[PDB]
Structure formats: structure tokens, C-alpha cells
Amino acid sequence: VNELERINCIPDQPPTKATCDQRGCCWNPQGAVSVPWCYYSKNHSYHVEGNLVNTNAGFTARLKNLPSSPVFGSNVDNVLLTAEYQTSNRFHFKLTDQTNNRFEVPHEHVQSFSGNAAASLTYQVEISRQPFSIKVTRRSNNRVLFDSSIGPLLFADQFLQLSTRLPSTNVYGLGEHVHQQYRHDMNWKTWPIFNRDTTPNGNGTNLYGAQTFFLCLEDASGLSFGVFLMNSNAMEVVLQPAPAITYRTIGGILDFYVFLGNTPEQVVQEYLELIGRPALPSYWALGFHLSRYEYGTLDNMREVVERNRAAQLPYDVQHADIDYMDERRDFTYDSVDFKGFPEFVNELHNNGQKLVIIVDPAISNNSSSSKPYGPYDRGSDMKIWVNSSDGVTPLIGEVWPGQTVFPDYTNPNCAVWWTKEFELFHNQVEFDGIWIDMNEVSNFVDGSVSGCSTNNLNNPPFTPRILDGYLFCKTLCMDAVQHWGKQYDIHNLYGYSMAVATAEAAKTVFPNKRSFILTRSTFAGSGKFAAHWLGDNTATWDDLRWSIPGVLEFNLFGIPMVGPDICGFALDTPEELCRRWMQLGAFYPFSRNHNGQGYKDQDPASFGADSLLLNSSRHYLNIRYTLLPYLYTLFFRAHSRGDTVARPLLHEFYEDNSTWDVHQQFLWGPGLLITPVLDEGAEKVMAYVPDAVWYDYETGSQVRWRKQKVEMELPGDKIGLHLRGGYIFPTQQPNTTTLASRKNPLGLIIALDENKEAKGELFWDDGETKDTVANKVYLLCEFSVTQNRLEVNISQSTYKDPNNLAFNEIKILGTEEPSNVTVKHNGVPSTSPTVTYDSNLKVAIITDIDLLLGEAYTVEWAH
Ligand SMILES: *[C@@H]1O[C@H](CO)[C@@H](O[C@@H]2O[C@H](CO)[C@@H](O)[C@H](O)[C@H]2NC(C)=O)[C@H](O)[C@H]1NC(C)=O
Ligand SMILES: *[C@@H]1O[C@H](CO)[C@@H](O[C@@H]2O[C@H](CO)[C@@H](O)[C@H](O)[C@H]2NC(C)=O)[C@H](O)[C@H]1NC(C)=O
Ligand SMILES: *[C@@H]1O[C@H](CO)[C@@H](O)[C@H](O)[C@H]1NC(C)=O
Ligand SMILES: *[C@@H]1O[C@H](CO)[C@@H](O)[C@H](O)[C@H]1NC(C)=O
Ligand SMILES: OCCN1C[C@H](O)[C@@H](O)[C@H](O)[C@H]1CO
């Protein structure tokens, strides 16, 4: 046996022969570090009984267990395999108990499959019977993608395991963790998944959300595939250098989806087609967000707001953390320390800004006739709390306000209760969006105020290697009861159900609007309802570096609006770290500076009205705002098609194996390469320049570099930003709010490829109405240059912006001098525009031009 293919048979304790012999496994302690001493024997597990049965969707098989004896509880001796050829590029199979129904994730988006197996499959499926294995191979080249034969199927009531071989070590995904790198190098590694309030640090623990999806790039041709496990029980994913991946969960069923694509982007698209594509954000939520834990008082918050406005910082959103509340209680504000809160929200709104308020799931149970607490009284009347195991007494835990009950957002009535709470509170404070925190769900006591009973749910046969080693640690009892089921099965779905309910509440509080929801805890599909932030990081250079894989991974997961706390939540931030972080932060899809309680100010203007940090921050935030039309269009593509927004180099440059492990750089979509300085003291970064034409964003000049590692010179006020030849970038002259910026003239940056061609697009709608896409109320146009001609072509034209918008500048990069430029509108000339040419940089700027948005034009020149 090859040692890299040994599947660990003692995942639960240090390995010993006595245990090994007792489990019927193989013993060989001679291997290298982490190679399993005790591993499963070749014939251990299930076999197919009888024949496979063709069905309309695919096939079923009956699986039978070769009689072993209990290790992690009751074995399931008769297992049903059901396989559905759902689409040409999506395969679904589940392993269930033949004789008993079991817990299955009640996903809000994924539906059951009905009717017939798809035509023109890109994959073929093979079943072996003695012993059972399942294999999925790519038809075009016979590449084995999924292959469970490396290990057994284990299917006990509270221990389910399946492994698959992998065709490469280019493996990306799984969460929520701090992986540190982007590519899983497949050395021996276990990643637990169980939603938990814990620090995203170098310890590799389970964090706030649960994401089983991974993507595998098979080879340099781009051919890629994805695997998703639809399971919400505590689990761990085990990676080894075979290469192989094992899923090990403590409940539910093994419900697997396999996705094939021609490129990594197609895998992501196929995955999001199944679980749900991300919500199109409000355009304002694409601006800069400022926040902190404990301004303490409204005067303090107002002071920070005011110094940043005085600095002319682009700055759309102010968040209000739990300090705004009356003693940290939802749906109240502090009438002393936040006296005049409603007038402040008026001032924000008058200045074109928005207010997002934090809300916690926990509701104080402290209500008397003397002092009534409305949210608690109303929720108690509606009977919408999580109950203890008796099924009828609301479970009591403890969070910020003291003893608390927790809403059962899996109950449709709880969304009606929650909605009414927000409508009532909105009458007092006119917030614009909602930040849902602590929704793992996070509890200051273990399980409940009376702890947790000793039983198979709170104290299961096997516990994955989760932080602290017990399931109910800093959360609800596992035998707590909700409408969807027991906490043991649905713990990982709490924040997901909270996002669903909060979206539902927004249909009433902000009629017809997207608003903005930011969530901490997620499950697969949470991006349909919410943005995400990476949690309570620290102001260290390690945290800055670790943020890039975190953002990339959440883009795989369909949560493209994701970012960390810029400058670092915990700790006072050093000026140099915060300056570098603000430079990079300008380019996170979610861009928020947030700071923990008690630490020194880290809002940009706190560093000084004429500090290098403030000047640089404003500079790069203005570039971010200039490029918002391009970013917004990327979000349109994420929402409508399922493309990523922050994109790894490898998704565009997979033919080049030097991109496969790049994680210190990333792209906005296909065209914009972002290269931060990420090292303390550094004024350079070692960077990779992919195989394309690149132009410096600011000067427009073509770099000499191509398909090579470079030492990019980046002084204290610089981040690397390059535009890819072949792409046209729509821009809008910036201002300090998107309310104002959206009224400004537009521009095009044409970055020419080797053949002097480029293409691009622009999506434009009202920026706020929900379902402008489903209802087809938008503008979509396409730009294409070849090679003495720009064509502006209109493809969807059901929104005309009443602000009279037009392109009034075209920048062309990598071009010989354009002469005698003409503008035709629907073939009719024409107005003669101004052209400025830099012969040294090879940049032309066309100005004194007025291409109305939503109209077709041709712009021609000669050389
Ligand atoms: C938690 O316990 C409460 C009672 O404290 C249950 O409330 C029931 O609510 C339904 C639906 O509104 C009513 O028709 C019942 O009459 C209520 N029962 C009682 C005994 O008051 C609630 O169902 C429980 N929730 C869960 C998840 O089990
Ligand atoms: C940026 O937006 C501001 C609004 O905050 C504008 O400052 C306003 O616009 C017009 C000038 O055309 C004035 O009548 C307003 O009084 C201006 N200021 C204020 C304080 O309201 C500004 O024009 C915008 N500028 C850009 C670059 O688009
Ligand atoms: C792991 O956690 C401990 C606290 O449990 C902390 O002190 C330590 O710094 C963490 N390690 C890393 C590598 O971040
Ligand atoms: C409940 O709130 C009241 C009103 O402020 C307070 O006096 C009392 O101590 C609280 N009870 C608990 C259980 O802390
Ligand atoms: O347990 C503390 C609760 N919250 C944790 C969040 O992750 C953080 O962003 C927020 O500032 C803080 C106060 O609301």
C-alpha cells in the first residue's frame, strides 16, 4: 500500500494496535509524519446487493454492510444510493438509510429533482459493487474526478464518512477557516466545520460559518470540477497527499453534488446555479463603510463622522455597533448617551450617507409591569423562541443584555415577529441596512443557564476537532428544539435562517428595495441574502496577508461582498500597517474599517488631516469609486450568471501554472490586477505578472513585464494596480458619496491587447430597486474596439437614467496616435472631439465628447 493513500481508521484518539485490531484495520507505524498508523483494510465496508435499478432520474442501488460491530454508535446496515443526472454538468447522489428517514437540510433554495436524466452529459458515472465505490469521470478525456474507492463508506447514526481521490493538488475552498494560503497543498490536514464564535487566527479552527464546497483545477487546460456536500451536522474535512479528501460528519445523510466546467469560473457558476446566486447589492453598499465597537456616545460617533467628511473621504456608510442600544438590548437606543440619535440619522441622510445598525439574535427575558420590554413580550406571545429538549420551555442563555431567549428563525411566524420589531424600531431610527452579529448562535454560557444534559446529542460518540472539543461550547444545547429540528442537526443553519428572516423583514421595512444585510454566520447559499465580513481579526501583518484567501474563498461560495475589518479589529493599529491595509482595503468587495472596543482610533482621518495615511486612503478610495461602474457590473454578472467578483489569478490564467498558488494578489473580474505591499517595512512586493499585456492604472503606460515574477516598486503611498489589455473599463467621475457620484459624467478606459482590440460592458439600473434584473428594468451595453473603431452597442435598454448621463472621456492605452476622430450616432455623423496624445506612454485621451448612456455610437479614427 502507498502510505499517501492510507485512510485513517483511528480519527478519535492516539493510534494503538489494540484499538486497530479491534476495529479490523491495518497496522503499520513505520510511516512518515502524520501518515496514519492505523488505516482501513481493502475490504471493510459496504457492497452492492443485487442489481442497480434504472430510474427516470438515473439509478438506485441497495448497499449492504459486511457485519462489523458498534464503534461510533448504531451502524446502518442497509443503505440506499440514489443518483440523479440533474443537468449535463451537475451530478447528484445521496446515501440514505433504506429503512429510516433521517435529517436532511431544508435548504430554502435547493429543490428536489423531478423528471428525467439530462441529455449530453459531460461526465460518466461508474459503480463498483465488491466493495462499493462510486466514480465520476470526465467524458472528453476520461479524467477520474470523483473516486471513493480509496476508502470505505462508513454510515453510522452519528458517524458518516466518504473519501474521494482527486486528479490534482490545485484544490480551493472549504470554510469558514483562516487557511493562510489559497491553494490547499494537500499535505495531511483536518479542517473542522461547525459554526463558532472564535478568533480567525493562525490556529486553523472552525470559525463562524460552514462551507463544504471545494473547486479543483484538473490541469492547465482549465478543465475544473467542484464537490458540494449538503450536510449541516458538525464535520471535518481531511486532506492528504494521495491526493484525496475525506468528509466525516456526525449526522444527517451524505448528499453530494459534483459539478463539471471548462474553466474554474464555470464550476463556480454551476455551483451557484444549484445553491443560489448572490443578491445584487445596493450600489451604495459598494462604497466605503466606517465602523467601531464602542464610540460610547453619539457625540463621539458624530465627531468621527465629521472629521472623515471634513477630510473629503469617500464614505457612504456609517455602522452603529451595540453601544447605540439601551444597555445592549435590541430595538432600543440609549436616550442619554445616544440622545438625539434620530437627528443624527437625518444628518447622515442629508449628507448622502447611510446608517447600518447591528442587531443580535438574543432577546433579553427581563420584562416587568414596571419596565416592559416589547421585543420579549411580543415574541413570548407569538411563542417563537428556541425551546429546551422538553419542546415547550424557551431555552435560556446569556449574552450582552443578561439572560436571554433566542428567536427560532426557522419558524415562518418568527419572521413575522422579527419584521414587526424592525418596523417599530425603524419609526424611531431610520436605519438603511442591518448588521446581524453573533448568529452562530453565540452564547456566553455553555448550552444554557442550566448547562446541558449528558446524552448522545450533547456528548456524541465522535466529536470532530472543533475548538474546545464539545459541541455546546459557547452556543445552544444540542438537544434544543426548533421548527426545522434539533440543534444538533441545524446548528450550522442558524445564521442562514436568520439572514432569510431578515431579508423577509426588509420586504416590509424597505418596500421594493435591496437595502443591505451583513451577516457573520453563513451556510451554503447565504450570499443570496447577505454580505459577510471575516470577523474579529487583529491588527498584525499576518492578518493582512490572511485576508486575501478569505475574500477569494467567499467569492467561490457565492458571497462576493466580503471583506475583513480593515486595519484590524483587535489591538491598536500601527500607522504603517493601517496605511497598507487601507490601500488594499479600497479594493475589497466589502470595504469597511471596523475597530474593537477600547483600542486607539483607526478611522482614516484620525491619523491627521494631512497625514500620508489619510492622503493615500482618499486617493485609493477615489479610484475605487471611479471604478464603481465596473465593480457594479461584476456584481451584476455574479448575480445573473454566477461569476466571481474578487477573482484569483488562476481563474483567468490557469494555462500558466505559476498562478496556481498566487494568493498575495487578486483580480477584480477579468481585467484589474491588484498587487498590495503586505510586508512590514517593505517598499516593494515580489509579484507575479501573468501572461497578458498590462498597463499601470495611474499613468497608463505599458509595463515591460509579462508572464514572470517581478519586484514591483511600491513606495509608502502606492499599491499596484494594472489593467489587462483586451478590456474596456467603464468609469464615473468620483465624489464622496455614491448618491452624488452616480450623477457624474462617465468615462471609458480602453486597454488594447496585442491586436489593438478590447471588449467590455456596462450594466446600469437605478442602483436600489429589488428585482430590476428579474423584471428587466436595466441598461446593458457592450463596448468593442477593433482597431480604428469603438462600437457602443446596446443590448438591453429598459432603464433610462433621468440624470442625463454620458461618456465624456475615452482613454485609450497602448495605441499609436489616433487622428481625425469621428463620432457617429446610429450611423449618422456626428461635433469633432479633442484628442490629446502622449507619444512616449502611447496613451490617447478623447475629450469634448458626449456619448449619451443607452445610445449606440461608433467612434472611428485613423493612424
Ligand atoms: C416552543 O414552545 C411553545 C410553547 O411554549 C410552542 O408553542 C406552540 O405554538 C403553536 C403554534 O403557534 C400553538 O398552536 C401551540 O398551542 C403552542 N403550544 C403551547 C404548549 O403553548 C412551540 O411550538 C415550541 N416550539 C418548538 C420549536 O417546539
Ligand atoms: C459632489 O457632491 C456634492 C454634494 O455633496 C456637490 O457639492 C455640490 O454640487 C453643486 C455644484 O454643482 C452645489 O450646488 C452644491 O451646493 C454642492 N455642495 C454642497 C455642499 O451641497 C458637488 O458638486 C459634487 N461634485 C462632483 C465632483 O461631482
Ligand atoms: C492560538 O490560540 C492561542 C489561544 O488559544 C493564542 O494565544 C495563539 O496566538 C494562537 N496561535 C496562532 C498561531 O495564532
Ligand atoms: C431586570 O431588570 C431590572 C430593571 O432594571 C433590574 O433591576 C433587575 O436586576 C434585572 N433582573 C436580572 C435578572 O438581572
Ligand atoms: O462579542 C462581541 C460582539 N461583536 C462581535 C463582532 O464580530 C464585532 O464586529 C462587533 O464589533 C462586536 C460587538 O457587537
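Here the PDB entry sets the residue numbers for chain A, with the shown residues being 7-836, 838-870 in order. Just follow the structure's listing: the first ligand is 1, and inside any ligand the first atom is 1.
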Worksheet item: At ligand 5, which drug is present?
Response: miglitol
Item to complete: Tell me which macromolecule has the most close contacts with miglitol (ligand 5), using the naming in the PDB entry.
Response: Maltase-glucoamylase, intestinal
Worksheet item: If you draw a 4.0 Å sphere around every atom of miglitol (ligand 5), which residues of other chains have a heavy atom inside it?
Response: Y299, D327, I328, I364, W406, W441, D443, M444, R526, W539, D542, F575, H600
Item to complete: Identify the protein heavy atom lying closest to atom 8 (C) of miglitol (ligand 5), giving its residue, its atom name and the separation to 0.1 Å.
Response: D542 OD1, 3.4 Å
Worksheet item: Counting from 1, what miglitol (ligand 5) atoms have a heavy atom of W441 closer than 4.0 Å?
Response: 9 (O)
Worksheet item: Which atoms of miglitol (ligand 5) are found less than 4.0 Å from any heavy atom of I364?
Response: 14 (O)
Fill in: Which of the miglitol (ligand 5) atoms, numbered from 1, are nearer than 4.0 Å to a heavy atom of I328
14 (O)
Worksheet item: Nearest protein heavy-atom contact for atom 5 (C) of miglitol (ligand 5): which residue, which atom, what distance?
Response: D443 OD2, 3.2 Å
Worksheet item: In terms of residue, atom name and distance, what is the protein heavy atom nearest to atom 13 (C) of miglitol (ligand 5)?
Response: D327 OD1, 3.3 Å
Discussion item. Could you tell me, atom by atom, which parts of miglitol (ligand 5) come under 4.0 Å of a heavy atom of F575?
Written reply: 8 (C), 9 (O), 11 (O)
Worksheet entry | Which residue and heavy atom of the protein sit nearest atom 9 (O) of miglitol (ligand 5), plus the separation | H600 NE2, 2.9 Å
Discussion item. Quick check, please: with a 4.0 Å heavy-atom cut-off, which UniProt acarbose-binding residues in chain A are near miglitol (ligand 5)?
Written reply: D327, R526, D542, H600
Worksheet entry | atom 2 (C) of miglitol (ligand 5) [closest protein heavy-atom partner, distance rounded to 0.1 Å] | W406 CZ2, 3.6 Å
Worksheet item: Which residue and non-hydrogen atom of the protein lie closest to atom 1 (O) of miglitol (ligand 5), and at what distance in Å?
Response: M444 SD, 3.4 Å
